[PDB]
2 protein chains.
Amino acid sequence: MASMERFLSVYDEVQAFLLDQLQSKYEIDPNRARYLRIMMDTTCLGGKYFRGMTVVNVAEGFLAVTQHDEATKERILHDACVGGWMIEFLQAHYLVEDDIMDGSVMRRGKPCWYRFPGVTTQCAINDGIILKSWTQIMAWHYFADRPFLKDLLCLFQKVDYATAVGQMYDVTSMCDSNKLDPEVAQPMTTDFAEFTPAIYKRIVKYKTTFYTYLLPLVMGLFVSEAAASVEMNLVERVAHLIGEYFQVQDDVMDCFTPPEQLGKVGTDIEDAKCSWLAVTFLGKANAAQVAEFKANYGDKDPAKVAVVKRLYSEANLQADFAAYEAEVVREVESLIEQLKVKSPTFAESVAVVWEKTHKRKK
Amino acid sequence: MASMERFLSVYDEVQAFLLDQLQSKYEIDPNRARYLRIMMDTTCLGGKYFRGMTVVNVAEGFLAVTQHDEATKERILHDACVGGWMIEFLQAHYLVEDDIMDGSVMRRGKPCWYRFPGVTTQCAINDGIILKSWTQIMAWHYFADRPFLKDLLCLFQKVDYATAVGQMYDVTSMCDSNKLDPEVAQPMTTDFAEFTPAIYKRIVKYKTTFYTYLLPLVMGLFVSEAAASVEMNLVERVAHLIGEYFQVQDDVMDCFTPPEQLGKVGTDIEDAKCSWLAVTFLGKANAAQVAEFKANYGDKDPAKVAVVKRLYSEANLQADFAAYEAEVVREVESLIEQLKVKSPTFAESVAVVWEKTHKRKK
Ligand SMILES: O=P(O)(O)C(O)(Cn1ccnc1)P(=O)(O)O
Ligand SMILES: O=P(O)(O)C(O)(Cn1ccnc1)P(=O)(O)O
Ligand SMILES: C=C(C)CCOP(=O)(O)OP(=O)(O)O
Ligand SMILES: C=C(C)CCOP(=O)(O)OP(=O)(O)O
Ligand SMILES: [Mg+2]
Ligand SMILES: [Mg+2]
Ligand SMILES: [Mg+2]
Ligand SMILES: [Mg+2]
Ligand SMILES: [Mg+2]
Ligand SMILES: [Mg+2]
């Protein structure tokens, strides 16, 4: 896509600025500058750029209906690309740390960053921290004199905190809340009582929906100066809805999508994750099915994982996803219609975003 | 100390606000709220609070010479305490991740956070990320309407980036720059050619001096509105000088100070760290001494570590530290005199800070 390649050309500008700054202000050597360049490329590139291209899309919509000088149009489009890369870099930060915590093997067709022989977990923790730090370097440099700077930084902080809190919920989802204790080693749940739709929704809300949909949509509004033209409560509600759906897709693919086309290998069953599939399974399974689930879930053994996948296949969870998808379509369609009242162009942006999310196969 | 207990009372206010916010806005359960409370206490408390009490000290100095209403004095002191805890929380973030990267056992008399049975490395990475995130939650809430907010957030970002870049230099200091490659596993240096005073100074500058001394001193200036009353170039120069000295102390204690009084166990020799002792050793050792160093450094073997410690003891590095200390005293004394020209009260603050740093035994 031509639009996506212009977005990538801004990445090259950002990379050039960040690496020249390390050279000029941080006394870096060429070899460590090379390392961070490879680090930036491996962690930030290779994806679909859904979050980044959302910011551009929202801004392009308002540009079509609002009067600007040609140079102002160039300013806003460049702002949208920079703001888009802030989110892609923020995602990169979370992806790097997430892979370590989940013990993942590959990220978009390549080994996870920490799996690289010359990286290891030791370097990867700090590399992830650097990635988040770059987002702030970007904002202060590029959006220095911009009126949206204060609001952008404030939202970015809240969204980032929400994700970190969300990851906390996710990484401790396979153990009982009442047994949580830093002093005593955490045993895996036996009753799976916290594997409920309500608890699943809490985890997903904070761990993905804030940075995956809320941030890109409001970012595009900030760079367009069009936050007043929308009802924010609707933006929150529609972002959390498509965001949840996005993670449900992710949960299904973790189990049923082959790694060659997915770009990752699944670990949810092995990690005993509170995924959509496990929650939906326990929401329809009979007594014996539950007992077989309890005897095989949360183990690295290929034979035990195979039993869990078999249980999912026999429990017809494909019909449950279709029923869930049909409901999401209803509610997203409803919210897009509500968004048309004050901003039809933003409602169209959400419609495009939803279409891409709904149709995705990776 | 009475002053230190009033500083700790603000921590309780901050902890109450952060935990009530998780309850009211982030849908947290009491058990996970308890976990993060223990996490906050274990990672932020138990230290000397040098960085935190520096902010208070700088502010107290200006309060003694400037006219304010009684309520304004209460405002500034509370600001100084909150700004002080932002740094203590920022240090906590770096301490949590640093211990994982260095494979450390104890932090201030207690097991490192990741060593806790109910924590592990998996949870600790995110806990550290949460700690940094809390610093921004603090700033936006407490310093919302303050005129120094923009400058505080901008400096905090630069200081944080500098530290992360510094940790990168530190964690890769035992391998050759020209051999750095994410694709190929990193072998330890054989010539130790990058163990120079100049390279040591670069690492220390970025990994500690920015957040340990620069940030607390300027933070106290921001809350006092007294940044104009100082020459910033002097503040930079004096903070990087005492900061370097502070890390040299840390390097010496890692080897020669017993864990019972230090609160940590040393790992520098085992990790093959570019510490002051190793650099100073290679700067005076004869051919045979170097060869024995090369055959024993960077190994977990107690016998090999013992040989390295013996080499340090025989090379009389105590006389080298005394010679280094005497030079630092000269240059710190010089800079404090230069600070008296525009702000004598800030110069006194630095003198107190230096006295505490110079006299410290842990
Ligand atoms: O399933 P996860 O949440 O770990 C994941 O979606 C990443 N992630 C982490 C937080 N939100 C999303 P991925 O499967 O991509 O590893
Ligand atoms: O020696 P390090 O740099 O690892 C240390 O001083 C922590 N640190 C990390 C960066 N700056 C300081 P500590 O010995 O306290 O573990
Ligand atoms: C489910 C989440 C939020 C993590 C994966 O997100 P993406 O599917 O956007 O990953 P990339 O395309 O960026 O690799
Ligand atoms: C050398 C550095 C910068 C890490 C230790 O700092 P401190 O000696 O201040 O650690 P605490 O007292 O805060 O535990
Ligand atoms: Mg994962
Ligand atoms: Mg995960
Ligand atoms: Mg997943
Ligand atoms: Mg350490
Ligand atoms: Mg260290
Ligand atoms: Mg040390």
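Chain letters correspond, in order, to the sequence lines: A, then B, then on. To match the PDB entry, the residue numbers of chain A are left as they are there, and the shown ones run 1-362. We're sticking with the PDB entry numbering for chain B, so the shown stretch reads 1-362, in order. Heavy-atom basis, side chains included; hydrogens, waters and symmetry copies ignored. Looking at the header, which is where the method is noted, we find X-ray crystallography, 2.4 Å. Counting convention: from 1, in listed order, for ligands and their atoms alike.
The main partner of ligand 2 in this structure, judged by heavy-atom pairs under 4.5 Å and named as in the PDB entry, is Farnesyl pyrophosphate synthase.
Drug identified at ligand 2: zoledronic acid. Within the structure, the other chains placing a heavy atom under 4.0 Å from zoledronic acid (ligand 2) are, by letter, B. Zoledronic acid (ligand 2) lies less than 4.0 angstrom from a heavy atom belonging to B:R107. Here's the thing with B:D98: one of its N/O atoms is less than 3.5 angstrom from an N/O atom of zoledronic acid (ligand 2).
Of the protein's heavy atoms, B:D250 OD2, 3.0 Å lies nearest to atom 14 (O) of zoledronic acid (ligand 2). The nearest protein atom to atom 3 (O) of zoledronic acid (ligand 2), hydrogens excluded, is given as B:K207 NZ, 2.8 Å; this is a heavy-atom distance. Considering backbone and side-chain atoms alike, B:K264 places an N or O below 3.5 Å from some N or O of zoledronic acid (ligand 2).
Polar contact with zoledronic acid (ligand 2): absent for B:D254 (N/O pair, distance under 3.5 Å). Any N or O atom pair closer than 3.5 Å counts here, and B:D102 shares at least one such pair with zoledronic acid (ligand 2).
An N or O contact shorter than 3.5 Å is missing between B:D99 and zoledronic acid (ligand 2) by distance. The shortest heavy-atom distance from B:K273 to zoledronic acid (ligand 2) is not under 4.0 Å.
Every N/O-N/O distance between B:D268 and zoledronic acid (ligand 2) stays at or above 3.5 Å.
Residue contact check: B:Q167 has heavy atoms under 4.0 Å from atoms 9 (C), 10 (C) of zoledronic acid (ligand 2).
The binding site of zoledronic acid (ligand 2), defined by non-hydrogen atoms within 4.0 Å, is formed by B:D98, B:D102, B:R107, B:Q167, B:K207, B:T208, B:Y211, B:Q247, B:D250, B:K264.
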